[PDB]
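Numbered from 1 within each chain, the chains take letters A, B, ... in sequence-line order. Counting starts at 1 for both ligands and their atoms, following the listed order. So how was this one determined? The header says electron microscopy, 3.5 Å.
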Amino acid sequence: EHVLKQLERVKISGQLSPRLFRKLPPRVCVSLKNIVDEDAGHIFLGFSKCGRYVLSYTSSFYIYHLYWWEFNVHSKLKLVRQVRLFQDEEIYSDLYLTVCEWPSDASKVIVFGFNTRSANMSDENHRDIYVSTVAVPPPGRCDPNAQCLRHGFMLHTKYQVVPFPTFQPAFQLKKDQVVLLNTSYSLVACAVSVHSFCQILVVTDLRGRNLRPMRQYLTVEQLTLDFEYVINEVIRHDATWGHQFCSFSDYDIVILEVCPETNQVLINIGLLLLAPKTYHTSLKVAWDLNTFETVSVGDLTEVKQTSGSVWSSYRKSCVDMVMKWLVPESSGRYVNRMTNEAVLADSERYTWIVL
Amino acid sequence: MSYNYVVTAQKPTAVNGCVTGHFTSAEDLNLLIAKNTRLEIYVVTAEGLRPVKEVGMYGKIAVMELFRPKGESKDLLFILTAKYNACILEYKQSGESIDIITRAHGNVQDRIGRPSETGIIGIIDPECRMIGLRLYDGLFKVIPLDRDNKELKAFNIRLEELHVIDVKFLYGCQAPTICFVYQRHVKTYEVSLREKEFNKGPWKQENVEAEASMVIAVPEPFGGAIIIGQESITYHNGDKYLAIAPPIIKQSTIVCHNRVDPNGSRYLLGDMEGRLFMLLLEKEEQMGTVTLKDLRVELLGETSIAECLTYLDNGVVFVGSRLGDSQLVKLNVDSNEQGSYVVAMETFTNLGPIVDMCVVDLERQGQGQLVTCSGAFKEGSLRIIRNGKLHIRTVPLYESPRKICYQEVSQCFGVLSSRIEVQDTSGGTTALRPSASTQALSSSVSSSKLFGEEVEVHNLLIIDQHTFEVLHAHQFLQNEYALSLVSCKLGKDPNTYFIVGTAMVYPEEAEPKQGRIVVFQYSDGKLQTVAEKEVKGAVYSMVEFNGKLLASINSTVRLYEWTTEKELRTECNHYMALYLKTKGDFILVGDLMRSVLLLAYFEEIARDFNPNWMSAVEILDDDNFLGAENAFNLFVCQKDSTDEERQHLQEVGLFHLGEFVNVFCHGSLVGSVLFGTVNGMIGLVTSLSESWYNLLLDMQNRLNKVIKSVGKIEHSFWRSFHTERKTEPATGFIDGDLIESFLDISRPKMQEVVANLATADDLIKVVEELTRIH
Amino acid sequence: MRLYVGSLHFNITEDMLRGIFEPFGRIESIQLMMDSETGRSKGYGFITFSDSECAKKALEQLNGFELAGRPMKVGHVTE
Amino acid sequence: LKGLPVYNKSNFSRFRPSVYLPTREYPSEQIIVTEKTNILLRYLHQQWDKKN
Ligand SMILES: NS(=O)(=O)c1ccc(S(=O)(=O)Nc2cccc3c(Cl)c[nH]c23)cc1
């Protein structure tokens, strides 16, 4: 195709849409050797969903400062906001950092940090994952006596997981204003509230930039689903084989689908019970965040013969189910993820940052 | 703090769709048309189409189909808006109380599907059981048509193809089988409403060729479907396969169809070149049963480029165009002197694509007289609309007009005609039809040196403002492409010049790499090129900036001084600038994805950071700047007068217009702003005060609880700013048709609405001057 | 241990491969080779474990098994 | 060929719209209400009521 004939089609047709205008090449391109500052340890994560802010982070103990930058083509990429991530947290590792946005509620971003292995002798049998939500700098503004200017705050919490759970940044952040965290002993949904409830009808660290407020005011609410209690309740009622069962060792939980409107999240649960012999299942449980748990599938019983490959075969089944049951989500209502593994393409704004 | 008032100086004229049936009663052949929000009901009678009503829906009507359930005497109506409001409406005529009674209404957005590429497809089961809707990819919205007490519990069925071209409910199968074409292969399915799922429908899936686009469900008794598109017209039903590939259907894609005989014996096919085909099905008995022998298509002639076709009685068809003029056309049973079984009867006028307009003063007296450009391929025409009511004189060009401007010195019009020619090995390439460029008095090709497609010949026509014939056609060179045009005086010259922005686009590359700015004069019968300048890139938009020419190349806005030696000279390079508006010293550059940008004399001033695709922008005053985007909206963003807070714009006024606005032009037909959309609508934006804005706002909130709507669509929902990312109520704009409809209600309804201000006749006063600017 | 896998169906992320290659042993890096201009997966991938025995166990554990629309193969000699 | 239909031979033989302003209200009979439940979860529920 062309671009000029595409413009004529737009003029006489009135259906200009970036869905059909997607396989068109991005225009503006830089090697990031002309607009970058410190002429630092600024590793550039990637653009926002809007296209104006660019994010970067500096490791430099390690420190991990996070930086929102305002963009400009002819003039400078001006640094707007610098924020300290995970204060009063003893950090030791390289920390693969992953930042994400909510689908619609774009007033705050969320960032997770995962290392390679824990150091509590460095325990190989643990992993430290950190989380913190931080507000985005409000561009349209209008001494904290003005209301719509104090859109800046912070909430961080560190946890350890035990064989390791799966990062899932499309379903954990599909419900707006709520984050889902698989703590490997529980599943926790955290909801923040600025000034009527997004909850039923771990302990956090909240901060503004450095201070520590009291729990335009902000309140948090967290709901927490414990795996052992729900496994015992689902076995005691929905188990066509559950009489030879005695105990259970290990389980992995994958999130299949999160319905925001019904406030329900589907969790596949790959259990290792004993019934005796080593036996595995693949349960399915629907969780209703508005009040409670409902069963969907209490599946079969199966003998294991490879160690650990039960989990990879099981997660192969989970991605087989989700890749079968996908509905292609829209632009706008999707979750963007920025992570640099150690080029930034804003395909909407057609900007290339080659490295 | 910015207040504007938008009113419709011309209701949209382009036909968005048409349906036929016994709607007003059981016995009267109603023809229903949807023009972009207006549902115009007609009764076929002896003198012709006697128009009954014009019911105005609050939405862009995208699905409009007539279905009759069992036990209903006459047809009900199902309308779906393009904002996913659905309604089922029953006519009721008691002497004069025409009451279009809504029966069903509700929102069918699901907010997590994505918009499918080909469009909304609404289909009704031929035994009235349920309604199928492809709104989103990978999903099928089914509404059961049950009459129990209140609900119609619609649900979804996960279609597993994620790219479906066209889907039809099929005929005569004992359970309702859909039949679709996915990206291509034809599949069927059989819907199970009791369990709400697809079942493997009978007549398993087959392959078709990749440009197939239309599925037609043939009625009883034939069963099965026809798949049409690009020399592939294939009937399929189970065992039965049938194909045909004539050379006639190759040239252009068939765009609509209509069923002539009620048992599917013959069909009507309209395509992009405006031709007309009669698709013929032949019967055979082989006994009892009835089968299809052999398909044949038969041409009928040429009509206007049809968006919807419709056969009406006694051999007349309603060619309901979207680009150009709609038609009632008689099908002659006899031939003609060239092989045309179609003869024209009534040419319903339509503006259609208002690509651009410059409001000029033809005679005198400062009364605005709009000269818009219109049409797409063979029905491009200059429409001259003046206030009366609105008389619209049509000058057909038979080729595409791109932009126009007015050179009042020689009393002439410069316009950009782009005709499509089809290549051959015979010579270079010879055109299709006799058009305006081919019928010129004196033409000249540009003489400056410097198989599956179609070439574009781009010309400047110069057109007299009194007689509107053509005077000279300047044809640009091979693979040249004129984009933008401006008429102005430059430098200290005494004479006015035409300035055209041509590019050289090539089939092998998407991005253009060379173009030239060419400057002509008109020496009273001769168009003489006085300047040319070869620029590396395409010349996208050109504007006069205080005797200097502010050009825009690919992303480089340059400025040109017009030197004394008749030559153009560059000044600077600031780095898709495609709209350039100039109020004195400011420049409002609207990038396609850069929202808006300002410039001064190039010291940048402010920008906007918002996901938009600017169809056009406008400089309202030096503070407020007004843009229309491709999500069918309007928004105004002021300039706040803190250096980061100085280099920023704030979107203060949001308004879901419902149109795709191709051009803004300053002026007034009777300052104000005309916007000329792509449904032919011409609209007016006026600035306001603060207290008048609050007056009209509170009057409108008291008016919305009284003037009931059709389909119960909320006026706070139809006008609320809705793009794909977010939704929010409308601020900073006043829907002028809601307030102009105040004066047409009854006097008890006039005195019932207010109750909380002085009197009521004063409102009758104030609205009666708001109409005096149309 | 170094490994190349290319079989993916233009909808596998770095995270899906991390989750299905993880629970054998400690993993150090996943680099799913995406095509740049489409913003979408090219269909390759270079994943490196920490140790050298879990990648070799993955060679016979996950080779040619159908992932969700197609037979995914694993394989490393030197790559 | 040409045996075209006729609903009425008097139609089109002897060959400006009004605007519908609604004031009075006759109430709405039925409401289109979309089912809330997700497709996979509804499918798994209806399969768990098929074998169980
Ligand atoms: N657009 S999609 O194809 O529907 C789609 C895309 C990404 C995601 S995700 O963020 O949840 N990643 C994810 C998906 C599936 C399995 C796993 C494992 Cl194991 C770890 N992460 C997984 C879900 C759905």
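Bound to ligand 1 with the most contacts here is the chain that UniProt lists as DDB1- and CUL4-associated factor 15. The drug assigned to ligand 1 in the PDB is indisulam. Every other chain with a heavy atom under 4.0 Å from indisulam (ligand 1) is named here: A, C. This deposit refers to chain C as RNA binding protein 39. Listed in the PDB entry as the source organism of chain A is Homo sapiens.
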